[PDB]
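Shown next, in structure tokens, is the structure this report addresses.
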Amino acid sequence: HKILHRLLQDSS
Amino acid sequence: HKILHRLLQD
Amino acid sequence: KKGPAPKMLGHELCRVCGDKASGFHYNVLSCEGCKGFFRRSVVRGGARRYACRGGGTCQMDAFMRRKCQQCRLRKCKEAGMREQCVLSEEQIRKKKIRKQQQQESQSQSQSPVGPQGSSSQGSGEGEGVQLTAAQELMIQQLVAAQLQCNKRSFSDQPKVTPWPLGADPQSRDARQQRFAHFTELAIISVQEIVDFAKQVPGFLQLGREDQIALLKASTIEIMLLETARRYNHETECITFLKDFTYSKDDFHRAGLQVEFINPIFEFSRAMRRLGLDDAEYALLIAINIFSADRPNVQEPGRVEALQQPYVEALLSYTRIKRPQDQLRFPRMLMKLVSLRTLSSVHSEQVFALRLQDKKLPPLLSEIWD
Amino acid sequence: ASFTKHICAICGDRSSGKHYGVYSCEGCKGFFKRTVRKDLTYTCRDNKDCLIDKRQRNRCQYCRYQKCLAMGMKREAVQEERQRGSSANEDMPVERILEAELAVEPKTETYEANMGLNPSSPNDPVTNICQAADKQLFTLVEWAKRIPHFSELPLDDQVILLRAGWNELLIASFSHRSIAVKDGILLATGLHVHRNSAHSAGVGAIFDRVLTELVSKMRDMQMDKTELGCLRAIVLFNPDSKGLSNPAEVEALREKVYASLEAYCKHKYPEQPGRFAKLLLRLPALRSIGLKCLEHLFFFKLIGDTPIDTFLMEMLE
DNA sequence: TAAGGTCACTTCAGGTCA
DNA sequence: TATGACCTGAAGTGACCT
Ligand SMILES: O=C(O)Cc1cccc(OCCCN(Cc2cccc(C(F)(F)F)c2Cl)CC(c2ccccc2)c2ccccc2)c1
Ligand SMILES: CC1=C(/C=C/C(C)=C\C=C\C(C)=C\C(=O)O)C(C)(C)CCC1
Ligand SMILES: [Zn+2]
Ligand SMILES: [Zn+2]
Ligand SMILES: [Zn+2]
Ligand SMILES: [Zn+2]
């Protein structure tokens, strides 16, 4: 649930 | 295997 | 003196029965009988017809046509008679009122010309009807977002494990290498999807776990769509990142099971008969994200309501572009089911990988586990 | 070539001499005249491959006008002020499908203090559901026979299609049967489930999924027998089933069901443009449910606790 | 000539009725 | 009740005047 979330808030 | 075929026959 | 008529005739008979035709009727030439029969068949479809007990070998002529109506209609279809050539009830009302009430019959009265003794046309709103502005704006936005998010994956090309050509066929680490490669391509795919959905309007109106659940659920199916879009019909190969092409046997060397690989290729070759453009693909993906039947969804109402505009926008785009093909839309909405089946197959592939104690990347292991 | 002066430059007929700036006959003259006058935009479905000659020139007006304009005819030369300006039926009738649904399901309700059956007990929900399923497989084949063109198919393909779709068929059936109750579903044996019982049985997830995504939506949009039968027909014909002799026929029949259903929607419910699309969108939700139920069916069968009847066993084996 | 118009002529929809 | 010769009836075409 963490990595997708950190991919959400900003640009990858 | 058996039943459905016979039910579909008639 | 020459006769003043085009007059295309001469008894070319009938494509249904073979009796004498009076001319072309419903995109084919036929007689009065076949024409009337076809009309009454289209306007009334709930009429009682007798099933064909004599087999589909029923012979058509100027006599037996009254025997089997189903075969007669079926050969009317074989004749190429279109159903849309029969005027509907709302279509026929305007082909009456114009010809009765005033124009061409019983009434002509105007300001000019008048022997009256003893007996804004163009647009209201700036219309032109269907496919409104906001819809096309949304479509173009989705396409532009698709391209913009697609360009980010182009710089990740030499970030990945090279393909081991000329590799030992019995080598396990070769299969492991190809597998790792494809999983990395899948990572790029997932990030790309996340960015795309991020640029999708209305998607930011949901909660964190809502967006996360929707993405985790729709990811594989979106990948299937993007793969089917990158499929090459003639060469029978799939090209990822536009410079990387792979055949079916390449997936066979990847270590993937046949039951996983085959239906995907079936799905990919099935979508080329649709001939979808970037707009329809983008709309399909957009709808697919907004499916409310996904697991772990707290507010399915918001998601369904968000799915509403994309569905109808896809409808207006389909009907206007290709009025000739009316089955394109239901055949497009039906691909979602295939996406579900292939999603189940995908999950079974994941479990298959889990069976051999194989490891997949933390992101992919986050989504599909 | 000065002989071409005596012929039409478009259809290649004998001309009267120059009219619109090219040499053309009275036909192309009057055609370009009547066209440019109203300047009506033609639509040719071929497309754009049309070759215009003397004989066939009146078959396609679009390409004729395009060839007239290509020869150098002017729209400014034309006087009079102006320049530039259902169903598909009887192959797959919905009435016979309706007849099938009415034949198989006797249970309905009209306008006080009555209804056929709703007894209950929360033991054992899974066993009772399997029992009802086995009960309804026979009515499922009996439903399949009354569906147009299915009986004409080869026997083995009929077997395959039934074995493939039986789950989703029965599911849609009891969902629409339970459309009047929340929550939850009424069995064809008459007994009641009551999802609390499903939760206590460990199957509550898929059950509540059925409650949320099927019966709820069906009740919200008020789906009738015709639409239910059509959706069940779409589920019934699957070209993607394994072992099919001629999948293209099945796919074609499915398309026929699409056209017929969309027709019925454009007739019965002119109010809702998204009715048909909604009905189609109920299908992907059904597939994910139909598959998940098989996973539990493969489970409870392999565990060897809940008694499974012979027909249901055959469908599972 | 080269522009118009007229109106015998075609066409292919639906509707009638014995 | 379904059927097909037959009509109503517009939109169109072109030989021939104007
Ligand atoms: O090239 C780009 O633009 C980026 C991109 C876009 C879409 C897909 C993609 O990678 C797909 C090709 C490799 N893929 C690996 C894979 C994907 C998803 C799950 C798994 C797994 F972990 F479950 F196994 C794997 Cl191994 C496989 C690919 C495929 C196509 C045809 C036959 C076999 C495999 C695929 C799998 C699932 C969905 C779509 C394609 C890169
Ligand atoms: C949803 C459900 C399941 C499957 C239901 C199926 C496969 C058929 C139901 C048929 C009925 C209920 C027919 C009728 O009423 O006519 C299983 C057992 C996996 C899990 C819990 C309940
Ligand atoms: Zn005929
Ligand atoms: Zn027949
Ligand atoms: Zn000409
Ligand atoms: Zn043309």
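Proteins come first, then strands; the chains are lettered A, B, ... in the order of their sequence lines, and each starts at number 1. One-based numbering, in listed order, for ligands and for the atoms of each. Note that these values count all heavy atoms, side chains included, but never hydrogens, waters or copies made by symmetry.
The compound at ligand 2 is the drug or drug candidate 9-cis-retinoic acid.
The chain sharing the greatest contact count with 9-cis-retinoic acid (ligand 2) is, according to the PDB entry, Retinoic acid receptor RXR-alpha. Those other chains that come under 4.0 Å from 9-cis-retinoic acid (ligand 2), heavy atoms only, are D. Entry annotation: chain D, source organism Homo sapiens.
In chain D, most residues contacting 9-cis-retinoic acid (ligand 2) belong to UniProt domain NR LBD. Taking UniProt's list of all-trans-retinoate-binding residues in chain D, a heavy atom lies under 4.0 Å from 9-cis-retinoic acid (ligand 2) for D/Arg177, D/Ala188. With a heavy-atom cut-off of 4.0 Å, 9-cis-retinoic acid (ligand 2) reaches no UniProt Zn(2+)-binding residue of chain D.
Site of 9-cis-retinoic acid (ligand 2) with heavy atoms closer than 4.0 Å: D/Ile129, D/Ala133, D/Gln136, D/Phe174, D/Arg177, D/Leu187, D/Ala188, D/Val203, D/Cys293, D/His296, D/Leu297.
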